[PDB]
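Opening remarks: the structure here includes cyclothiazide.
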Amino acid sequence: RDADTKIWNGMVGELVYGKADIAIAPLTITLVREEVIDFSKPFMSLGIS
Amino acid sequence: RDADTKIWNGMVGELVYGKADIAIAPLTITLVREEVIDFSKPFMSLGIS
Amino acid sequence: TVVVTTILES
Ligand SMILES: NS(=O)(=O)c1cc2c(cc1Cl)N[C@H]([C@H]1C[C@H]3C=C[C@@H]1C3)NS2(=O)=O
């Protein structure tokens, strides 16, 4: 979501607005973007290093 | 799965057949299970060792 | 209630 505006932008936002179809990207599964769109099972796992 | 029967002998056979509701267990997300049950997103990471 | 099945493993 946008800072101070809470409007969805980005690769998440493109899938929100119908333009994008699938996002096969280094994109972290997050609770807040789980709310808007679907996720698959994770394909890579990693931590903050 | 059983040979010639497909009836699961174990926890998920209790989960598929209306007996059990939720299965919170060390249950491996493999393709055979997820095509006929649902999984949530994983909660622990591991491997063959 | 709901049924919360498990397997016995430490
Ligand atoms: N090492 S890694 O992060 O590239 C990585 C990450 C993952 C792998 C395999 C590898 Cl090699 N498989 C798992 C799979 C096992 C079950 C849980 C999620 C899928 C189905 N997904 S994962 O946890 O996202």
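Chain letters run A, B, ... following the sequence lines, proteins first, then strands; residues in each count from 1. Keep in mind that the numbers below use all heavy atoms, side chains included, and drop hydrogens, waters and symmetry copies. Shown: partial entry. Contacts: counted within the shown part. Whatever order the structure lists ligands and atoms in, that order sets their numbers, starting from 1.
Within 4.5 Å of cyclothiazide, most heavy-atom pairs belong to the chain that UniProt identifies as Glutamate receptor 2. With a cut-off of 4.0 Å on heavy atoms, the other chains touching cyclothiazide are A, B.
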